[PDB]
Amino acid sequence: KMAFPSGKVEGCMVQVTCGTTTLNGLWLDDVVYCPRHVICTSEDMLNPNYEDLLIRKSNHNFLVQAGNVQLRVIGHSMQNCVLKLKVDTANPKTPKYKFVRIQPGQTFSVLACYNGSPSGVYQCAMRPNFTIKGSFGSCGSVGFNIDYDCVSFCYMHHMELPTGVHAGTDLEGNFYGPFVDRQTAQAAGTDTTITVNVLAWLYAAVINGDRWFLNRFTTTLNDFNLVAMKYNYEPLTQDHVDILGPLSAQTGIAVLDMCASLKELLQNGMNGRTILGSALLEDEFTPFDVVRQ
Amino acid sequence: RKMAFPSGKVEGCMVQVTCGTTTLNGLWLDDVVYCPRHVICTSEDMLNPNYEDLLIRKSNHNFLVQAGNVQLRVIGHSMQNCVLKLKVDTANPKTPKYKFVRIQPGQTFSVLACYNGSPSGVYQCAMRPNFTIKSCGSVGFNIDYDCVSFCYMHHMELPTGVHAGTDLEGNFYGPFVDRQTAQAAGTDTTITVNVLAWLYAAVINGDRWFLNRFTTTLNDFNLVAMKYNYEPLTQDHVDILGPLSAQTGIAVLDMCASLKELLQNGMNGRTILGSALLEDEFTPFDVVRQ
Ligand SMILES: CN(C)c1ccc(O)c2c1C[C@H]1C[C@H]3[C@H](N(C)C)C(O)=C(C(N)=O)C(=O)[C@@]3(O)C(O)=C1C2=O
């Protein structure tokens with residue numbers, strides 16, 4: 001399980017400081033994007049009023065540092081939960097880019113930064129409950145996909161949740177899931193295994209020569225869903241099925257048959273064996289991921 | 001999450017090298033492009049190759065080095081153990097500060113998987129005890145501060161699916177050869193010290209269910225451990241955990257007792273760091289960073 005090469009994104013990372021507080025920002029053309037809670041002290045983070053805190057601010061209140069050159073801010077607005085800082089210098093290392101909103105289940109790479117400094121990269125998925133099980137002052141660290149040379153920004157990190165997991169926004173600043181940029185207890189809501197991704201990854205195993213887990217049975221969709229939901233798996237919809245069509249077609253194994261395999265693998269375990277050199281099932285590998293590789 | 005280093009610094013060193021039939025990735029540093037020497041083998045040659053003979057037979061014009069857009073002029077070529085070095089007329093402006101280093105089995109690094117000179121992906125991995133890692137010319141590295149330590153270059157794909165390679169001075173990790181003869185894996189073992197470090201991570205987090213009162217001596221441990229296919233634990237391994245022992249309090253041998261138990265008893269359907277399985281691709285040093 002690989003992340004995209006992070007270079008294009010590394011050259012967009014900056015440090016943003018507003019008095020006491022410091023976060024990562026995304027520097028694109030002559031705009032720096034970051035989480036708006038950068039204008040909160042840790043105390044403010046209980047019941048912040050972002051309109052009020054923002055009117056009280058001027059361009060000189062924000063320090064933006066790109067390595068060790070300091071960028072002059074010449075304007076600022078807010079869009080939902082992201083702050084935008086207009087700076088006087090367009091970023092020379094700007095890649096071609098798009099902003100997208102992604103579906104739960106879909107995968108992306110995250111560049112974890114600290115104080116504007118890149119420190120690591122990992123692949124992950126938008127969990128069914130709109131969280132990310134990551135490793136994070138990482139706020140403002142962004143998630144993305146690459147399409148030849150087009151960088152799709154899909155995620156910016158904002159909150160660390162009590163249960164240890166991460167919540168965030170798209171690059172319009174709308175939270176993924178029902179969270180708020182506010183430090184009150186907010187329930188995660190129980191996670192579930194991403195069924196479609198598992199099925200795709202099994203198809204990957206077979207594409208690759210693994211057949212040990214196939215079986216003679218088939219199933220109806222409902223019978224599967226009933227069984228699966230009892231091991232905490234996501235319902236599988238007809239859409240999910242359509243997306244597997246490309247992969248069903250390659251290997252010549254029907255979706256519902258492969259669904260039978262999964263049924264049984266949940267029933268039986270691995271028996272010390274491995275699938276794609278993994279003793280655990282992988283659910284952070286989308287239909288599209290497998291198609292790409 | 002197990003994280004890779006950011007690959008930017010390395011991306012700016014990747015090139016395509018072509019010699020007749022073959023094409024693969026090279027590492028462009030200063031005015032030298034480094035790549036696996038088997039790039040001068042056709043699929044024929046790779047059976048009983050004579051690299052000395054094949055190399056003298058080559059001119060600078062025989063090598064095509066392609067750096068994204070531009071073609072680089074080669075002005076010299078030598079070989080150092082199993083990597084070829086190609087002198088080009090232009091120093092790479094995107095050269096990072098770097099070192100070439102050899103790593104021990106157990107140690108971790110990040111890999112930038114390229115295809116045809118093009119970066120496509122980056123992953124964390126470890127030098128497995130049998131000197132494998134779970135394309136050709138793709139490099140593995142670590143970063144400290146702004147220093148890139150190159151530690152690995154991919155050469156061979158083994159029948160068992162996994163990968164073998166050299167350091168950047170062209171010395172193979174493990175007893176493999178750059179020759180197309182069937183080559184045995186040599187059965188693996190769990191990297192014991194890394195497991196113990198990851199347990200320390202669990203405790204300095206939240207998970208404490210597996211702490212235990214009993215203590216055990218090195219030899220008794222190693223005897224039990226080696227019974228479930230784990231690596232012998234050395235006094236060196238112990239020293240490196242010293243850092244971690246002190247943070248959390250737990251003496252090394254005591255933590256060893258915990259592991260003893262986990263192997264003998266299982267987890268009882270419980271989990272460690274939200275995982276049912278034990279992790280051995282996280283060194284002492286890795287856990288300290290995180
Ligand atoms: C894998 N194992 C041999 C079996 C065999 C038959 C079974 O009927 C079951 C298991 C494993 C366990 C695993 C786990 C599931 N697994 C990790 C996917 C799981 O996530 C949960 C859960 N509530 O989170 C279970 O209830 C669970 O206990 C379960 O429903 C199982 C279960 O019903």
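A note on names: the letters A, B, ... follow the listed sequences, proteins ahead of strands, and every chain is numbered from 1. Just so you know, ligand 1 is whichever comes first in the structure, and atom 1 is the first atom listed for that ligand.
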What would the PDB label the drug at ligand 1?
minocycline
What would UniProt call the macromolecule that lies against minocycline (ligand 1) with the most contacts here?
3C-like proteinase nsp5
Which other chains have one or more heavy atoms under 4.0 Å from any atom of minocycline (ligand 1)?
A
Main UniProt domain of chain A at the interface with minocycline (ligand 1):
Peptidase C30
Taking heavy atoms and a cut-off of 4.0 Å, what residues surround minocycline (ligand 1)?
A:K230, A:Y231, A:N232, A:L266, A:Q267
